[PDB]
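In this PDB entry you will find divarasib (bound form).
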Amino acid sequence: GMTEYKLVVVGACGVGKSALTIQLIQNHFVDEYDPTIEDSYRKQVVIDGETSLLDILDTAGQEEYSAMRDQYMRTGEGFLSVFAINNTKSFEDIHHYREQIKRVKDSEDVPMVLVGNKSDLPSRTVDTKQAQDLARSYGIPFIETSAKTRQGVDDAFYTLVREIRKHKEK
Ligand SMILES: *CCC(=O)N1CCN(c2nc(OC[C@@H]3CCCN3C)nc3c(F)c(-c4nc(N)cc(C)c4C(F)(F)F)c(Cl)cc23)[C@@H](C)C1
Ligand SMILES: Nc1nc2c(ncn2[C@@H]2O[C@H](COP(=O)(O)OP(=O)(O)O)[C@@H](O)[C@H]2O)c(=O)[nH]1
Ligand SMILES: [Mg+2]
């Protein structure tokens with residue numbers, strides 16, 4: 001059989017949401033992707049032996065708190081909270097995205113995964129230990145990724161699918 005998953009990639013401008021989603025979907029790195037383009041991208045993959053249709057929302061629109069916007073974001077079954085390891089502000093911004101997800105879901109148990117992207121760059125400003133401690137504080141997994149080299153990309157999205165699955169079995 002198969003299961004579909006609405007996954008949502010969030011995080012500050014430029015952390016690599018689009019590059020991560022395109023790597024997952026098409027298996028290459030897109031270095032210039034219009035920062036304004038918001039769209040969903042589909043991938044079929046087997047995860048732990050079950051066909052999984054991933055419907056991935058790559059967010060990009062202006063910060064907006066309308067009923068329509070809240071209701072759309074609520075459709076996400078799981079969220080990737082993406083920051084870039086050479087951008088400490090994107091790391092601090094993670095709490096804002098977690099908070100907003102919690103708000104529209106009116107739940108403290110939303111499937112989420114913390115993703116530290118750009119792990120191929122030497123210019124790291126976010127300690128891996130710090131990022132691990134943050135995810136532990138949320139009770140969610142942490143995965144270091146590079147959309148450029150594809151390191152950890154499968155692990156990040158598949159972990160999120162697994163978190164949704166567990167939240168179901170619960
Ligand atoms: C380069 C353009 C780009 O990638 N984006 C990404 C989306 N986005 C954005 N930004 C913010 O906040 C920007 C900063 C941090 C806090 C102060 N502010 C100035 N917040 C966003 C969101 F909260 C959401 C969002 N919106 C609603 N209504 C509900 C939910 C659950 C969310 C969430 F993302 F958390 F899922 C969105 Cl969709 C996008 C946000 C810009 C940086 C533009
Ligand atoms: N070195 C490196 N650059 C990346 C990586 N992911 C994204 N980028 C670059 O970072 C910038 C923003 O990426 P983009 O996907 O547009 O970010 P978004 O605004 O979160 O969608 C672009 O210059 C990308 O080429 C990565 O893993 N490594
Ligand atoms: Mg983008």
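When a residue number appears, it is its place in the shown sequence, counting from 1. Just the heavy atoms: all of them, side chains too, but no hydrogens, waters or symmetry mates, feed the values below. When a ligand or atom number is given, it counts from 1 through the structure's own listing order.
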Quick one: which ligands or chains go with divarasib (bound form)?
ligand 1
Chain with most contacts to divarasib (bound form), per the PDB entry
Isoform 2B of GTPase KRas
Could you list which atoms of divarasib (bound form) come closer than 4.0 Å to a heavy atom of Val10?
34 (F), 36 (F)
So if I count the atoms of divarasib (bound form) from 1 in the order they appear, which ones are less than 4.0 Å from some heavy atom of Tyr65?
20 (N), 23 (F), 28 (N)
Hey, is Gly11 one of the residues with a heavy atom under 4.0 angstrom from divarasib (bound form)?
yes
Counting only heavy atoms, which portion of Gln100 has something under 4.0 Å from divarasib (bound form): side chain, backbone, both, or neither?
both
For divarasib (bound form), find out whether one of its N or O atoms is nearer than 3.5 Å to an N or O atom of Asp93.
no
Atoms in divarasib (bound form) with a heavy atom of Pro35 nearer than 4.0 Å:
1 (C), 2 (C)
Location of contacts on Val104 toward divarasib (bound form), heavy atoms closer than 4.0 Å:
side chain
Part of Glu64 within contact of divarasib (bound form) (heavy atoms, under 4.0 Å):
backbone
Only heavy atoms of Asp70, strictly under 4.0 Å: list the atoms of divarasib (bound form) that pass.
27 (C), 28 (N), 29 (C)
Looking at the neighbours of divarasib (bound form), which other ligands or ions sit under 4.0 Å away?
ligand 2 (guanosine-5'-diphosphate)
At what residue and atom is a covalent bond to divarasib (bound form) recorded in the entry?
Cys13 SG
What I want to know is whether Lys17 and divarasib (bound form) share at least one N or O pair that is separated by under 3.5 angstrom.
yes
Is the shortest distance from a heavy atom of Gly61 to divarasib (bound form) less than 4.0 Å?
yes
Which residues of other chains have a non-hydrogen atom closer than 4.0 Å to divarasib (bound form)?
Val10, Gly11, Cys13, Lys17, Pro35, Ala60, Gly61, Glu63, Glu64, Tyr65, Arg69, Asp70, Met73, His96, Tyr97, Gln100, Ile101, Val104
